[PDB]
Participant: 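Please read through the structure below; I'll follow up with questions.
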Amino acid sequence: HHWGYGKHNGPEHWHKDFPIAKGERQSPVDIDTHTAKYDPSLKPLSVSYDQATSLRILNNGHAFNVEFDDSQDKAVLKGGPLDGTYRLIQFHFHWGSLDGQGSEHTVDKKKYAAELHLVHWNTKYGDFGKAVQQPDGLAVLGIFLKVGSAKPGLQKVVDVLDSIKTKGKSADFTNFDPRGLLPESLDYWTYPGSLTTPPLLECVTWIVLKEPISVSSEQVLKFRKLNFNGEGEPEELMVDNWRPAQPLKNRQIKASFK
Ligand SMILES: Oc1c(Cl)cc(Cl)cc1Sc1cc(Cl)cc(Cl)c1O
Ligand SMILES: Oc1c(Cl)cc(Cl)cc1Sc1cc(Cl)cc(Cl)c1O
Ligand SMILES: [Zn+2]
């Protein structure tokens, strides 16, 4: 009876195993665009993905992760609200059963069809497992997906999903360039928060881009063909793998733009 996104094990239940679910810096949140304060002291973000080394794509039963070699400073996030160097470890998405839901963060209560999370850890802590124990351990770049024109740089991901339909399946996934998933603008909102999945650790500096990327209806339809279940188990489509907005509590969302 482990955690998931069902009626019986979904986000409203998580606090029984993970009491930090009701903590002071949980994610995601609604971004109230009128209340977010422009912070002229924030820097431009530095996304340095030219030497990124993708390795593998995994269906872990709650999403699919594209994993990177994070044993050296190849794909790093710096600048913006961040102190020091954060190494890309994986990206994944959250999405809906229909185009009107799927994102974890919302913007003036608007839900996007999906949300991409590029997960990075602070090199001062040496490894990901140590970094998630620190209040400045992770930096997650969040990007909203809307349905419209196809995203060219997403198609290599969509094309391999048939090979990882069920929980525990993986495939080689080399030479993938995450720069093809970024919007034109790096204008962002930032706030201190948490992992949006158990163990819900309060270790994340969130950096959520204002400009969504456009994906095609066919691209997101292929996400919705994945399965939460393992091979030979009753089919449960991997949809609505999003946690809803959590209380902002004693936090300020800052904007990088006027
Ligand atoms: O082994 C882990 C590391 Cl290095 C970091 C984190 Cl945040 C969690 C684990 S194990 C783990 C994985 C998932 Cl998907 C959910 C839970 Cl509740 C876990 O403890
Ligand atoms: O090369 C591409 C073109 Cl002409 C249009 C779009 Cl919308 C995506 C791509 S990227 C790509 C994706 C896969 Cl699955 C295979 C190959 Cl040979 C690609 O170049
Ligand atoms: Zn996520």
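Residues take their numbers from the sequence shown, with the count starting at 1. Just so you know, these numbers use all the heavy atoms, side chains as well, and skip hydrogens, waters and symmetry mates. Whatever order the structure lists ligands and atoms in, that order sets their numbers, starting from 1.
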Participant: Which protein or nucleic acid chain has the most heavy atoms near ligand 2, under its name in UniProt?
Facilitator: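 It sits in most contact with Carbonic anhydrase 2.
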Participant: Report the drug at ligand 2, choosing among proguanil, bithionol, hydroxyflutamide, ribavirin.
Facilitator: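 The drug at ligand 2 is bithionol.
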Participant: Looking at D159, which atoms of bithionol (ligand 2) are within less than 4.0 Å of one of its heavy atoms?
Facilitator: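 Near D159, the atoms of bithionol (ligand 2) are 14 (Cl).
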Participant: Which UniProt substrate-binding positions in chain A have any non-hydrogen atom closer than 4.0 Å to bithionol (ligand 2)?
Facilitator: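 Within heavy-atom range of bithionol (ligand 2), the UniProt set gives nothing.
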Participant: Going by the order shown, which atoms of bithionol (ligand 2) are within less than 4.0 Å of some heavy atom of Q155?
Facilitator: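 It comes down to these atoms of bithionol (ligand 2): 14 (Cl).
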Participant: Could any protein non-hydrogen atom be found less than 4.0 Å from atom 8 (C) of bithionol (ligand 2)?
Facilitator: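 Protein heavy atom within 4.0 Å of atom 8 (C) of bithionol (ligand 2): present.
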Participant: Using protein heavy atoms only, decide if any is under 4.0 Å from atom 4 (Cl) of bithionol (ligand 2).
Facilitator: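 Looking at atom 4 (Cl) of bithionol (ligand 2), one finds that no protein heavy atom lies closer than 4.0 Å.
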Participant: Using UniProt domain boundaries, which domain of chain A contains most residues that touch bithionol (ligand 2)?
Facilitator: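 Those residues are mainly in the UniProt domain Alpha-carbonic anhydrase.
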Participant: Which of the atoms in bithionol (ligand 2), numbered in the order shown and given with their element, are less than 4.0 Å from a heavy-atom of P152?
Facilitator: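 Result: 6 (C), 7 (Cl), 8 (C), 10 (S).
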Participant: Does the protein come close to atom 14 (Cl) of bithionol (ligand 2) - that is, does one of its heavy atoms sit below 4.0 Å from that atom?
Facilitator: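 Given the 4.0 Å limit, the answer for atom 14 (Cl) of bithionol (ligand 2) is yes, a protein heavy atom qualifies.
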Participant: Nearest to atom 18 (C) of bithionol (ligand 2), what protein heavy atom do you find, and at what distance?
Facilitator: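 The protein heavy atom lying closest is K156 CE, 4.0 Å.
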Participant: Which residues of the UniProt Zn(2+)-binding set in chain A does bithionol (ligand 2) share, counting a residue if one of its heavy atoms lies under 4.0 Å from it?
Facilitator: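 Short answer: no UniProt residue has a heavy atom that close.
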Participant: If you draw a 4.0 Å sphere around every atom of bithionol (ligand 2), which residues of other chains have a heavy atom inside it?
Facilitator: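 By heavy-atom distance, those would be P152, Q155, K156, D159.
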